[PDB]
Novice: 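I am attaching a structure below and will ask some questions about it afterwards.
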Number of protein chains: 4
Amino acid sequence: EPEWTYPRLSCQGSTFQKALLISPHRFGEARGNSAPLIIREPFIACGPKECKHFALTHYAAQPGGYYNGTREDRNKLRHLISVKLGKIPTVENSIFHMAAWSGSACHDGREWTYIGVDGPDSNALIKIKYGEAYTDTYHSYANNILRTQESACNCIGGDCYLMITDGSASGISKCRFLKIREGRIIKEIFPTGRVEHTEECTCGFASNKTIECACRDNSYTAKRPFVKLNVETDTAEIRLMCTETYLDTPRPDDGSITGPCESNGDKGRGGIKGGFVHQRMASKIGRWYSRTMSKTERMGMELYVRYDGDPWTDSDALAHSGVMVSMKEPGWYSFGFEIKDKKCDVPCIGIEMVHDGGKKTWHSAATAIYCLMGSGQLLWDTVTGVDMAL
Amino acid sequence: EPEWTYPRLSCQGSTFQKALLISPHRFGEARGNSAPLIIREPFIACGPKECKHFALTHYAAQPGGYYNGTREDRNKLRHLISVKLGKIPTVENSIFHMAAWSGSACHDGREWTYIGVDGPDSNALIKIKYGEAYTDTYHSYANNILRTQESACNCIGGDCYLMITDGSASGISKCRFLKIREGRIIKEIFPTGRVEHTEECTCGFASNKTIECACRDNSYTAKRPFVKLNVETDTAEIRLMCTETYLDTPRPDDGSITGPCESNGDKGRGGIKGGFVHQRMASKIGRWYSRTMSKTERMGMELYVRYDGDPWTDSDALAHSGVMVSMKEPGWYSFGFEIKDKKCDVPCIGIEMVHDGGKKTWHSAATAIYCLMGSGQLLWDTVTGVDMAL
Amino acid sequence: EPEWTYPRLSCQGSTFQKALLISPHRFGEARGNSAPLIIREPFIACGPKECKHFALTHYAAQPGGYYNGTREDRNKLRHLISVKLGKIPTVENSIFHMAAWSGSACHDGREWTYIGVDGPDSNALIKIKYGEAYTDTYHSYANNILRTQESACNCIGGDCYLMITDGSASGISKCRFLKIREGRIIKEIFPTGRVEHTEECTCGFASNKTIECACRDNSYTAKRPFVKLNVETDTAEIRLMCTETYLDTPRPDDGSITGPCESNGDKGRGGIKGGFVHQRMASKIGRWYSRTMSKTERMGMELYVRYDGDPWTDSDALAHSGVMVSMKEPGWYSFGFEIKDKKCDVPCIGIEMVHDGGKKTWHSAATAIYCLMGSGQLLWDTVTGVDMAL
Amino acid sequence: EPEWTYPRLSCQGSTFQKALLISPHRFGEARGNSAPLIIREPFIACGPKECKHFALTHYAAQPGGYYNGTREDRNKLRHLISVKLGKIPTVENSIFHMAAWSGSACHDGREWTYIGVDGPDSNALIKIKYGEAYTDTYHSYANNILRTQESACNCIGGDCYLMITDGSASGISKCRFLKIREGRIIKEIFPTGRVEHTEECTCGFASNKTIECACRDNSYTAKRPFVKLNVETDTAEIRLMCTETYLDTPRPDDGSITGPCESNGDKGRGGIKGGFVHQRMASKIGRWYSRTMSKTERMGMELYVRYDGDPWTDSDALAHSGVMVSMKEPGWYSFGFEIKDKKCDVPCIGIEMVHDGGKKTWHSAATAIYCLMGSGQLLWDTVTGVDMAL
Ligand SMILES: CC(=O)N[C@H]1[C@H]([C@H](O)[C@H](O)CO)OC(C(=O)O)=C[C@@H]1NC(=N)N
Ligand SMILES: CC(=O)N[C@H]1[C@H]([C@H](O)[C@H](O)CO)OC(C(=O)O)=C[C@@H]1NC(=N)N
Ligand SMILES: CC(=O)N[C@H]1[C@H]([C@H](O)[C@H](O)CO)OC(C(=O)O)=C[C@@H]1NC(=N)N
Ligand SMILES: CC(=O)N[C@H]1[C@H]([C@H](O)[C@H](O)CO)OC(C(=O)O)=C[C@@H]1NC(=N)N
Ligand SMILES: *[C@@H]1O[C@H](CO)[C@@H](O)[C@H](O)[C@H]1NC(C)=O
Ligand SMILES: *[C@@H]1O[C@H](CO)[C@@H](O)[C@H](O)[C@H]1NC(C)=O
Ligand SMILES: *[C@@H]1O[C@H](CO)[C@@H](O)[C@H](O)[C@H]1NC(C)=O
Ligand SMILES: *[C@@H]1O[C@H](CO)[C@@H](O)[C@H](O)[C@H]1NC(C)=O
Ligand SMILES: [Ca+2]
Ligand SMILES: [Ca+2]
Ligand SMILES: [Ca+2]
Ligand SMILES: [Ca+2]
Ligand SMILES: [Ca+2]
Ligand SMILES: [Ca+2]
């Protein structure tokens, strides 16, 4: 039958470049004839032959009559959808997978696993589907909005790992990792370390033995919670990223948080999901990240890379590697993913560029993709091109 | 060739949970750019690899100009259509299988069999199609609207069984079962027992030897005719469900039908097609059923279960297992179906949620899907989200 | 590689029944959101796994701004298109195959052959495509609108046969048959007999040795030219159908043409393409035909069958076998085709139901399908359901 | 695996004929319900099984609200897109391959390679994608709009060759050829000879050892730079076509450029990309070319051929072989491509037919296709049928 997928060394390259923009709302004018779905929280996951562009829709299209409520996060209509990457996610092109206001998905070499969360805020539910079949669920353990990544989960040898968390957006949210095999939870991993708040982890394989995640702390710091998960022992430990280049929004000025690596610092309340992807080379490991250009608003998006070291102990600034979205453009969630070439994996970061005109109108997003490509430096930025008044 | 499908034991689990909502008319606004088909009597049937969401279209879209007639049942334009479960049944996404104002379909492991009925009321006709080929028909035997299930037929080792019935909607309608192999009827099975009115059976496998059906009596009782068809002998017997939880609409209060199990009781005229699906375990069988929350109108929908016992003699209440559709929301036909996971079958119930705004405007439906998924209790209900004035 | 296709015995059955209606313009209202293509001359051809519904479009959709000219037969924009049978032929669902104002197509077991005719009226061109590749052409031999069937060609052992004709619509048009193998003309067959005018032949296999065609004579008779083509010798002879049930429109009353089988009779000028398909049984051959209900206008469509005999010498009336389209509905071109079941072929007749409001508005058609199905008699008729004012 | 593609001898034939017209804006009326994409620089490339129709979209549809900018060449929204040849390149039918304002693509027998260029004018970048994976890039070497073919690249035994160029549009632009294998550049080939300005090469195989290109000189001459690239040594040489039939637009009258073959002549500034395709026979090679009917404007398009000889020294007129687009109709870029029949290759030329209504309104194009087909002479021209005011 198909072989189980494993992380492979990354394809040769030393800079990211602009790849593709899926800007569905370039076709949503009242005088046009299209039906782009109103979405937020897009992410991409690839199998050996194809990538799927996922998102949580509000089950409404532009132009339409259901714009009121599209700036709300959770409700009974939101669903996990996808199209093949490169197709415009319209009413007719998309697949509705399950009811969900928080999702994830990944391919293990043989089939797709889709994860969706819905239920009341105080008692929500992780629902897992493997192909066509709904296969398992997991219960709220802290009864305050159980939720997951909003990016791809990660499979090795048929075991797919997924961060879930539950708890207050203003207090404690201790995340946990599920090991899912063929749609069924075969292990629950309870992390050790700086565990007071970890959510919206962007995860990937550092090697066949370790998964790493750059996460969001919505209450205490602008440094990202950084997870190291040993896949063989099924143990995880979390400590804050020590780099002075704080990747969350809001954040203080770089290098202004004094004291040891663990110090929380100022402007900790609030957050944003951030891009992170690995370049696995025979000798070294590159960790690529993205953060907004604004320190306080979801505007702009810049690339950073650091080779080797320990993200937990190194205060050194990450190397600035290009402006993907200028400060004039919206820069909201970003996520890492990998495209499978014939013999190696191509690391990419995707960026959600939300069209926000507030609650009085529709609310949705475009997705920009940057990927490792050749050498030199990043050459061009992405604009969505949408005028929200049309 | 691929091999014939057989019922297997159900995937482990102990509660249903909200799975998927296909609400096409969320995109049918006059200022939108979509063409959801006007449909009624939706149902789902799955093969080894995919599920198809079938329905009986009025061959008209919303927005459109052919709303006069969409509250009629039978007319020369009605057709059986489908999309892969998860696609929006729109004009371009659907496949039109045959002219039909009554339908069923199922997969035997190798190919799909589609059943449609059309023709004048006095002389209607069952038409069978295997794949692309029209293979056989069956004539009206009581000359009064020959009709069928409006839910999946059931195949075992290549033999697919189908309830057909014929006769007065407020009188006698003695059903019969067709045994169809590769699109040709190879046997007629004439049931025994309480046979005066059985229609719209929701059937499935209780094991490899027995198919059971929960049906509608539109004339005499609010209790459901319960069919047990022995697949090895190709014989069937029907008796009324004895449970005090009357599953039909309209119905009297639970437990008010005094006297022996077969007593018809009060508020017998009228009916609704009802959900029913089996959870086969090694030494226990679960029978899951759905009924409206209103005793008289097609509003709401609640889940019920009972493990083991004989439906024909057990007067005990069914155990209530969640509100799938609130009293506020439409709850029309419901049906059972199973999804094929790798080693086991997943029981589900789907719910037709009709948008009823009277004869004065368009008429159509959403489909809500609930499936056995994990443990605990059912967490959330479904709303269609459609404002019929847009 | 795939086996070459051959005619097989027909599936068991003794009556045709209503199968499917593709009425695209049920979705073309000015207030709707669809784009049905404006077409005429539809036909269907099936391979082992799928049928394709072909037609000549005017390269215009309803609603639209290019209605003027859609009642003209030939122009530089017309093209042969198709969708999979059961899909609505819209702008996006259809495939444009080649420029063509006269077409044909058939599958030989391995690939599809598409034939299209365009060029000036005095010097047009047969163009043949095999899969993606344009492979051959044939030249006008009488320099007066070279044209072909407007129905499926017929392949046996990899040789596909096709009627083409050229000459005056009011005078002599001596048809010829091409034997095409893998897109290339390997033989030209010059018919013998009553050859003064044969066009728009509907052809099919009577056996592995003989192809037969019921054709149109636009100038001299209302009896159809009937072709018998021996596939082994590659010779064809044509004589008029002798049945008193004249299948052309216009036509005199049945049985009013006195004299021998060859007599032309009255009301010979004008014509219509007619349905014809074979039911090949081990012992006997049924020839199924269709003609309009009106003797003079393209209104209504009735089925007729005759078993055995010689169509050239038998004056006997064909057996009336059902009203497919009533006299209130449009009945224009009709064609035969066969659907491949697992072990046998299912004969069908398709009917073009044109929406004609004259030259001041759009002009297009619906396609109704009737197929051999069970026993008894034909039970229901087809209406397109379209109101040309919406 | 499948094997590598090699040029083969061409299918037998001696004239081109009108094959297919893809006119998307026949469906772009404000009162219609379609979304044809606004595109320019279309081209076609075929693999063993299918052809893809590529183009450079402005990421806007007709009707729509983003027409300001559609007469620009380079901007951050331009993307390489495709549909299977014969599908209408609409918003939902197309696949968006990468951000690109200059492109090429071709199939090597196993997979597709897509090439896009974007980035600032002074520092643009070639991006290569093999299948789904972004595999390599190539930097600007003259810092003045690095660009490529806008027609198919060409693969032999897995090596795909591509013309890239860089430099002033009214000065020096010395092209280079990239040899790409499975999406990675394995060699740069620096041409020899008349090298001062070569761009938008239309390339193809003259045999298994030589690729030839007919290119555009936008600065100095109306004669086309003619490249002969030896595939075995990976060396190229460029000299101007000596034919008195100048293939560029603008151009002086045929034969007015006096002096030796390499004389630049008059009306050299400005240009157009031009069609060119080979007809390989056992002992003769046919070179087919297209040019506008107007000597100064992009109006009309005529076919020309010459068999054998050396394009670099033969001053003889090319033989005129038909009007494909009349003086009345737009004739913009043209390109060559080959379709793969079972045993041989079919030469074709496609023509971009731009709808030009000025800067004041939308701008886009149809594509007309002519292919070698049978014998005789070319019979009919192509019109787009689009009224730009609708
Ligand atoms: C489950 C849920 O509602 N998650 C929210 C998320 C969350 O709200 C914060 O992370 C605080 O915990 O914030 C945001 C956000 O954009 O700030 C988007 C998410 N929207 C959705 N996932 N639908
Ligand atoms: C054959 C037919 O017309 N079936 C009717 C059905 C029927 O009248 C009752 O069951 C009484 O026999 O009622 C209903 C209904 O919703 O009450 C829908 C069905 N409509 C369709 N399935 N088309
Ligand atoms: C090639 C052509 O123009 N054929 C005509 C056809 C023909 O005109 C008569 O058969 C007389 O020879 O008539 C008709 C018709 O509907 O009467 C339709 C055809 N339309 C198209 N094939 N486009
Ligand atoms: C790279 C680029 O911008 N190419 C231009 C091209 C160019 O200006 C000339 O060849 C001079 O170098 O002209 C034209 C043109 O139609 O004249 C189209 C191209 N547009 C695009 N392919 N996007
Ligand atoms: C991971 O392990 C698999 C299976 O043993 C191997 O194919 C793959 O190349 C390994 N990845 C590395 C070395 O990064
Ligand atoms: C039914 O029998 C088949 C073998 O004939 C087996 O594969 C399947 O598991 C059985 N299922 C039940 C529920 O007995
Ligand atoms: C036609 O010939 C083929 C090949 O010999 C055979 O398979 C088929 O059954 C024959 N058809 C008849 C007997 O009608
Ligand atoms: C080129 O060579 C290949 C074998 O390497 C052969 O298949 C093909 O026919 C040849 N074509 C020409 C034009 O020489
Ligand atoms: Ca924070
Ligand atoms: Ca739509
Ligand atoms: Ca009842
Ligand atoms: Ca006639
Ligand atoms: Ca459309
Ligand atoms: Ca020039």
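Chains are named by letter, beginning with A, in the same order as the sequence lines. What you see of chain A is 76-465, where the numbers are those given in the PDB entry. Note that chain B carries the PDB entry numbering, so the residues on display, from first to last, are 76-465. All residue numbers given for chain C refer to the PDB entry; the residues shown span 76-465 in order. We number chain D the way the PDB entry does; in order, the residues shown are 76-465. What's counted below: heavy atoms across the whole structure, side chains too, no hydrogens, waters or symmetry copies. How was it done? The header gives X-ray crystallography, 2.2 Å. First listed ligand is number 1; within each ligand, the first listed atom is number 1.
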Novice: Which of the drugs zanamivir, triclabendazole, exemestane, rofecoxib is observed at ligand 4?
Specialist: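 Of zanamivir, triclabendazole, exemestane, rofecoxib, it's zanamivir.
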Novice: Look up in UniProt the name of the chain with the most contacts to zanamivir (ligand 4).
Specialist: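 The chain with more contacts than any other is Neuraminidase.
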Novice: Tell me which other chains have a heavy atom under 4.0 Å from zanamivir (ligand 4).
Specialist: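 Heavy atoms that close belong to D.
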Novice: What would you say the binding site of zanamivir (ligand 4) is, if we count heavy atoms under 4.0 Å?
Specialist: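 With non-hydrogen atoms counted, the site is D/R115, D/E116, D/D148, D/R149, D/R153, D/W176, D/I220, D/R222, D/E225, D/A244, D/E274, D/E275, D/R291, D/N293, D/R373, D/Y408.
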Novice: I'm curious how zanamivir (ligand 4) sits relative to the natural ligand site. Which residues UniProt lists as binding Ca(2+) in chain D have a heavy atom closer than 4.0 Å to it?
Specialist: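 From UniProt's list, the heavy-atom cut-off leaves nothing.
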Novice: Find all atoms of zanamivir (ligand 4) within a distance of less than 4.0 Å from any non-hydrogen atom belonging to D/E225, and give their numbers and elements.
Specialist: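 Heavy-atom distances to D/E225 below 4.0 Å select 22 (N).
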Novice: Check each atom of zanamivir (ligand 4) against the heavy atoms of D/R373 and keep those under 4.0 Å away; list them by number with element.
Specialist: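 So the answer, numbered in order with elements, is 15 (C), 16 (O), 17 (O).
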Novice: Considering only the protein, which heavy-atom contact is closest to atom 19 (C) of zanamivir (ligand 4), and what is its distance?
Specialist: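 Scanning the protein heavy atoms, the shortest distance from atom 19 (C) of zanamivir (ligand 4) goes to D/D148 OD1, 3.6 Å.
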Novice: Regarding zanamivir (ligand 4), does D/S177 bring an N or O atom to under 3.5 Å of one of the ligand's N or O atoms?
Specialist: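 No.
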Novice: By number and element, which atoms of zanamivir (ligand 4) are closer than 4.0 Å to a non-hydrogen atom of D/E275?
Specialist: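 With D/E275 as reference, the close atoms of zanamivir (ligand 4) come out as 6 (C), 10 (O).
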Novice: From the PDB file, what's the organism behind chain D?
Specialist: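 Per the entry, it comes from Influenza B virus (STRAIN B/BEIJING/1/87).
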Novice: Quick sanity check - which UniProt substrate-binding residues of chain D lie within 4.0 Å of zanamivir (ligand 4) on heavy atoms?
Specialist: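 Of the UniProt substrate binders, heavy-atom contact within 4.0 Å holds for D/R115, D/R149, D/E274, D/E275, D/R291, D/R373.
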Novice: Does the N or O separation between D/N293 and zanamivir (ligand 4) drop below 3.5 Å for any pair?
Specialist: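 Between D/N293 and zanamivir (ligand 4) (N or O atoms, distance only) the closest approach is not under 3.5 Å.
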